[PDB]
Structure formats: C-alpha cells, structure tokens
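Penicillin-binding protein,Penicillin-binding protein, liganded with meropenem (bound form).
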Amino acid sequence: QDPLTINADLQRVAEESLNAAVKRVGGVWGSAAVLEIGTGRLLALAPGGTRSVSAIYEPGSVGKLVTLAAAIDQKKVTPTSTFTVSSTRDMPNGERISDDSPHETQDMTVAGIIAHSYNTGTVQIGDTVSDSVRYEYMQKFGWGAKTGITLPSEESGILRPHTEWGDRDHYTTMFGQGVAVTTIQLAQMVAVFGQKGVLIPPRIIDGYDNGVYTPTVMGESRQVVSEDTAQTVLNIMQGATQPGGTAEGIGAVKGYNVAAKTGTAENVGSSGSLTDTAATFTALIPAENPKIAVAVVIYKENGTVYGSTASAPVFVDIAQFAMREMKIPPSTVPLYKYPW
Ligand SMILES: C[C@@H](O)[C@@H](C=O)[C@@H]1NC(C(=O)O)=C(S[C@@H]2CN[C@H](C(=O)N(C)C)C2)[C@@H]1C
C-alpha cells in the first residue's frame, strides 16, 4: 500500500524528541530530517508540513564541513596538518576572527580544530583554497539550490556568488555565517560523507501506481568530493564525541560510533541585529558504516542555544531508535581518533 518513505515509528520519535527539545530550551521552532544513506530515502521529517524544506537560517559551524572537505579534496591540508588556534586572529585582509570563547593559544591538528570547532584554525584551513573553488564545492554540496524533494514550498536558501564577497564574507562563509540553508539541505550535505563523496537527491515518494505499484528510482546523483576525502571527513567527524569534542557525552549513542558536527549560529532577529540563534547538529551513524544521516535545528529568538545541548539530544533519541528498528548491530570497531 504505502507509497511514501516515512517510517511512522521513527517519525513519532522524531516529533516527540523535537517538541520536547524546543520547549526545553525556550525555542520558537525546530526541524529534523533523517535520510537513509545510499538511497536518498527520507525516513523522518519533523515537524509535519514544510518547515524542514522552507525555513532558511544561517547554520554556523556545521558549515565548516564544506570548508574542510574543499581543502582536503584539493589536497591543500591533511587531518594532521597543524595550525595555531587562539582567542582571536588578525588575518592578512585586516579582518579579526574570534573563537567567541577565550582559550589558550596553542598548536593543533586539523582534526582537533574541527572537533573543538575553533574558528581561528578553520579560517586558516579555508585560506588554503581560492574562494571560487570553495564556492564551487558549496554548490556541489547542494547549497543555494532546491533539493527537488516532492514537497511544496521548498526554499533554495542563500548563497551569494563568490565574486560578490567582501573581506568579512570571505571568512564568515567558512563557518556558516552569511550563508542560509534549509534543514533538508543540511541532511543532503552530511550524507555525502557516508556516500563515498556522492550527493543523492532526497526523496519522500517510494513509488506510485494497469494501475501497478511501480517504485521510484534513485535520482541523478553527483560526485562532490573523492571517496578518500569523504572517508577522511568521516574520520574527522568522529572527534565530536571524544574528550574535548563539542558533542562529548551529550551526542553519544550507546553502542554505536557517532560522526557529528555541532553549530551555534547567530541569526538576524526581528529588529535587524544578530539576536537569534540556530542550534545545529549534523551526524552519521554508525560512523564505521553510516546507515542514516541526520540534521537537526532548533531556532531561538533573543537568546543563545547550543548545537550540543539543544539539538544533539534530538539526534540521540532518533538514532537509538533507528538502530534498533533497522536491526543494525552495535559497533565492533573503535571510534576513530587522529592525534590532536
Ligand atoms: C560560528 C562559530 O563561532 C560557532 C559555530 O557554530 C562555534 N561552534 C560552536 C559549536 O556549537 O560547535 C560554538 S559554541 C559551542 C559551545 N562551547 C564551544 C565553544 O564556545 N567553542 C568551541 C568556541 C562550542 C562556537 C561559537
């Protein structure tokens, strides 16, 4: 009978987790999308209606995965390249970049920089490639374009052409500021790293109706980064739940290796200035062999919510249930760790 991809139990878990989290942190709304790795199949989409495809926001640090993937794919850095991180860094073009949390100046590998989500390390990674090349990766990752899912009212998001970027834009676009995305776009993006560098268009329709039940096909996929890059990003993402990672404890799924990135993104409020926050979380599980990709956002007006405390618990509840329901055996290999 059923022509849609939505898993009804998973959908209930999603909605329940999402509602509870929005209320828990005093948010105004939230969204979550779960994609099946390798197929484009949408297993859950919360809330009901079109929010997950029509609400745009600056995603913050989850956007660092695009910057990182570009620099790795262009063979400009490795996971063990070292950069100095610090509270602030004055850049060649005169911009000051801050980490938004004071901390000791120290040297750290690319892997540690991403696990810790340090902006001062991230902008130096981004500076190893040209803006036109970065911008091209952004497009390939699906930003600035509708995903094509058969739901109404989908937004393309906002990706200004790189030729238009000023000194500040050059940097803010490396960590998900000055760009706007949908939740569905964030899920499509992260799945790439569990799909050998391939992006697969998301679908909600499994197949319609002689009047025969003919299933829908996978849709035109595209190589975004190489298989090696995808695997390296997937390894780096496993740093999130390790000691020192931004998702330590709170993003852990008992028995399963998690690959994730958090975000705490400033957003323009009702009265013009940067008063709002989107807490973002993008993850793949099990990390050694991803079966689902998840993106969660919780949006708050006139306050700060953190990717980790607002949105990670939504992913955890979703992910615990999905693994059991999909009969995925617990991880038998260690969580990946690069030296930091
Ligand atoms: C645009 C960037 O400034 C932020 C990206 O979203 C940083 N990334 C995160 C994050 O949620 O991962 C936090 S806040 C979080 C809460 N404490 C940590 C922190 O303050 N760091 C790592 C600087 C991390 C940054 C502001």
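We're numbering straight along the sequence, starting at 1. Below, all heavy atoms of this structure are taken into account, side chains as well, without hydrogens, waters or symmetry copies. Note that ligands are numbered from 1 as they come in the structure, with each ligand's atoms numbered from 1 the same way.
- Protein heavy atom at the shortest distance from atom 24 (C) of meropenem (bound form, ligand 1) is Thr246 CG2, 4.0 Å.
- Closest to atom 11 (O) of meropenem (bound form, ligand 1) among all protein heavy atoms lies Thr264 OG1, 2.8 Å.
- In the candidate list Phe175, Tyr306, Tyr118, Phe281, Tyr306 is nearest to atom 16 (C) of meropenem (bound form, ligand 1), counting heavy atoms.
- Looking at meropenem (bound form, ligand 1), you'll find an N or O of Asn119 within less than 3.5 Å of one of its N or O atoms.
- Atom 10 (C) of meropenem (bound form, ligand 1) has its closest protein heavy atom at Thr262 OG1, 3.5 Å.
- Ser61 OG, 1.8 Å is the protein heavy atom nearest to atom 5 (C) of meropenem (bound form, ligand 1).
- Residue-level proximity to meropenem (bound form, ligand 1) for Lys261 is carried by the side chain, the only part with a heavy atom below 4.0 angstrom.
- Ranking protein heavy atoms by distance to atom 22 (C) of meropenem (bound form, ligand 1), first place goes to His116 O, 2.8 Å.
- Among protein heavy atoms, atom 20 (O) of meropenem (bound form, ligand 1) sits closest to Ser101 CB, 3.5 Å.
- Heavy-atom contacts of meropenem (bound form, ligand 1) within 4.0 Å involve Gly60, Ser61, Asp99, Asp100, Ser101, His116, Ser117, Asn119, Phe175, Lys261, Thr262, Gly263, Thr264, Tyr306.
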